[PDB]
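Here is the structure we will look at.
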Amino acid sequence: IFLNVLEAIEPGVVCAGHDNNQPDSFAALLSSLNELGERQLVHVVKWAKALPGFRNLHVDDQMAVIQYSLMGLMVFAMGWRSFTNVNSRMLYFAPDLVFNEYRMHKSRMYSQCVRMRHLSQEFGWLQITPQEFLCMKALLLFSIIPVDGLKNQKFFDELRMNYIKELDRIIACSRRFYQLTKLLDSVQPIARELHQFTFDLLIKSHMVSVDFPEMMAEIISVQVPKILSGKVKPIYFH
Ligand SMILES: C[C@](O)(CS(=O)(=O)c1ccc(F)cc1)C(=O)Nc1ccc(C#N)c(C(F)(F)F)c1
């Protein structure tokens, strides 16, 4: 049942709407990445609310959790797409927004892209199955919270424990659990760098001609600073 549900609600392909015949400039690439974030968020919200037990969370906690984990969720899914499509050769953000070495450099996110390709490669090196991927991604949604707790922290804690149990069931083993939890932890440092980069970019967006959609601009200025200031922190296993 659990896996049936995860497979049924998994989001489909999402395009960035990037004009590929235009020069690879910083402004053009990040305006497209920003738009893609706006588009993937829409799918992530519907995905999360359809997750087993998610609705048990307080309404305000639901939105908060989705916004705090959006970056990591997108990174993880992206690494899996790149692995399954181009075999981690390039970064497959969207069918119409694939990053090669030139784009990695022009986006001024080269170092982060390298780490993301490393993650993508892990899917191959660890021979991660579609089921493991699905369970792990669901767990990622429940991996970052306010140090002072959510409105209803007990429900969240209960749910997170349940999802950890499901990952354990899919594996069933100790070596595998060690490897998968290590992989999940590796997403956070990456998300953090993207969060920092995104924040700085928003602040100076008017000077570098980069456009940010409404919802992304709100999340970057309201939720992301909470993470960068230490009020909201990821839940590491190790
Ligand atoms: C630079 C940026 O455009 C910032 S953003 O999308 O507006 C954003 C704003 C706030 C967040 F919490 C998360 C993401 C970005 O990280 N976009 C983005 C778009 C698509 C994908 C994918 N797939 C990813 C990444 F997760 F893979 F890095 C990142």
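One is the number of the first residue; the rest follow in order along the sequence. Indexing begins at 1, ligand by ligand and atom by atom, following the structure's order. Only this structure's heavy atoms are used, side chains among them; waters, hydrogens and symmetry mates stay out.
Matching the molecule at ligand 1 against R-bicalutamide, PF-07284892, LY3009120 gives R-bicalutamide. The chain in largest contact with R-bicalutamide bears the name, in the PDB entry, of Androgen Receptor. With a non-hydrogen cut-off of 4.0 Å, the residues around R-bicalutamide amount to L33, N34, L36, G37, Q40, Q67, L70, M71, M74, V75, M78, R81, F93, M116, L194, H195, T198, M216, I219, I220. The shortest contact between atom 13 (C) of R-bicalutamide and any protein heavy atom is with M71 CE, 3.4 Å.
For a threshold of 3.5 Å applied to N or O pairs, the pair formed by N34 and R-bicalutamide contains at least one separation below that value.
Near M78, meaning under 4.0 Å from any of its heavy atoms, are these atoms of R-bicalutamide: 23 (N), 27 (F). Below 4.0 Å from some heavy atom of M216 lie the following atoms of R-bicalutamide, by number and element: 5 (S), 6 (O), 7 (O), 8 (C), 9 (C), 14 (C). Atoms of R-bicalutamide found under 4.0 Å from any heavy atom of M116, numbered from 1 in the order shown, are 28 (F).
For R-bicalutamide, the atoms closer than 4.0 angstrom to any heavy atom of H195 are 12 (F). Grouped by UniProt domain, residues of chain A touching R-bicalutamide are mostly found in NR LBD.
The entry gives the source of chain A as Homo sapiens.
At the heavy-atom level, UniProt-annotated 17beta-hydroxy-5alpha-androstan-3-one binders of chain A within 4.0 Å of R-bicalutamide are as follows: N34, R81, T198. Close contacts between R-bicalutamide and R81 involve ligand atoms 23 (N) [criterion: under 4.0 Å to a heavy atom]. In summary, the atoms of R-bicalutamide found under 4.0 Å from a heavy atom of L36, numbered by their order in the structure, are 20 (C). Between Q67 and R-bicalutamide, not a single N/O pair is under 3.5 Å apart.
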